[PDB]
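Quick look at a structure containing amprenavir.
Naming: A, B, ... by sequence-line order, numbering from 1 per chain. Heads up, header says this was done by X-ray crystallography, 1.8 Å. Just follow the structure's listing: the first ligand is 1, and inside any ligand the first atom is 1. Computation of the quantities below employed the complete heavy-atom set of this structure, encompassing side-chain atoms and omitting hydrogens, waters and symmetry-equivalent molecules.
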Protein chains: 2
Amino acid sequence: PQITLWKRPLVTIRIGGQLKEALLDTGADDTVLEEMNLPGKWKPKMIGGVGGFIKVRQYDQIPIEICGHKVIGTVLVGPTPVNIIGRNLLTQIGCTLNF
Amino acid sequence: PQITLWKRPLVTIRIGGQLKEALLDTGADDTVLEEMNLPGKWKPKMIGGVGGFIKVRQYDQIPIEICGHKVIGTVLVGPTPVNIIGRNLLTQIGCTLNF
Ligand SMILES: CC(C)CN(C[C@@H](O)[C@H](Cc1ccccc1)NC(=O)O[C@H]1CCOC1)S(=O)(=O)c1ccc(N)cc1
Ligand SMILES: CC(C)CN(C[C@@H](O)[C@H](Cc1ccccc1)NC(=O)O[C@H]1CCOC1)S(=O)(=O)c1ccc(N)cc1
């Protein structure tokens, strides 16, 4: 697809068997999702942005389906106010910025 | 250009007579720059990000040049950890996400 930026670049994803809406975010180094349960091992990490930092759980090698593109990689989970697909998974779908 | 996302999509912008490095940020509604002594009328506002809210100065109708593309719009100035080009100006340079 080609996604224009007049509106937020929201897409449907599936993770852990569940469908969610998420922002395609080129400003995010790594994918971070709103508080949820995910199976498997995780480790604590900090991420920072506008407003400061939050503590998250880092899960590695997690399958995610993004608009029918299957990726597998790092998913952070914590108190972000929005679900965010970051560069780590955008590269896996072959996403580029064009102008 | 067609910009891959292996690394942060940093570009050079020209604003208020200064050359600055900024992040092309599809997850950002607004453009927010690190604190700087920009002349002009502004209004105080708050914006929210991952970690909470910050107070910013809102400057309207500011000329900005992004990768040779000359645009005009709202620029927020405040304690962001990185200069961010958000959708208000990404639409003006004709930027799209493609995968
Ligand atoms: C600030 C950049 C450098 C990093 N953020 C990504 C940005 O797109 C961020 C995404 C977001 C949108 C809406 C609500 C909350 C967050 N938008 C953002 O703050 O919009 C503000 C600034 C202007 O307009 C409004 S991040 O969320 O902090 C972040 C940091 C690290 C990781 N691994 C993942 C996410
Ligand atoms: C608002 C914060 C940054 C604290 N201010 C410091 C001020 O220099 C502040 C710095 C600033 C510059 C540019 C963007 C944002 C903030 N200038 C300012 O123009 O900010 C307006 C814009 C949006 O909201 C308030 S403070 O309240 O004045 C103050 C002063 C002394 C003490 N001890 C405590 C607080």
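- The parts of the structure that belong to amprenavir are ligands 1 and 2.
- In this entry, more contacts with amprenavir (ligand 2) come from one chain than from any other, and the PDB entry calls that chain HIV-1 Protease.
- The heavy-atom neighbours of amprenavir (ligand 2) at a 4.0 Å cut-off, by chain: B.
- As deposited, the model links amprenavir (ligand 2) by no covalent bond to any chain.
- Looking at amprenavir (ligand 2), you won't find any N or O of B/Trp42 less than 3.5 Å from one of its N or O atoms.
- Distances below 4.0 Å separate heavy atoms of B/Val56 from the following atoms of amprenavir (ligand 2): 22 (C), 23 (C).
- Counting the atoms of amprenavir (ligand 2) from 1 in the order shown, those under 4.0 Å from a heavy atom of B/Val77 are 14 (C).
- Per-residue contacts place B/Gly78 under 4.0 angstrom from the following atoms of amprenavir (ligand 2) (heavy atoms of the residue considered): 14 (C).
- Checking B/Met46, B/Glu34, B/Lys45, B/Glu35 against atom 15 (C) of amprenavir (ligand 2), the nearest heavy atom belongs to B/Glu35.
- The residues of other chains having a heavy atom under 4.0 Å from amprenavir (ligand 2) are listed as B/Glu35, B/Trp42, B/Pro44, B/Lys55, B/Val56, B/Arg57, B/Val77, B/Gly78.
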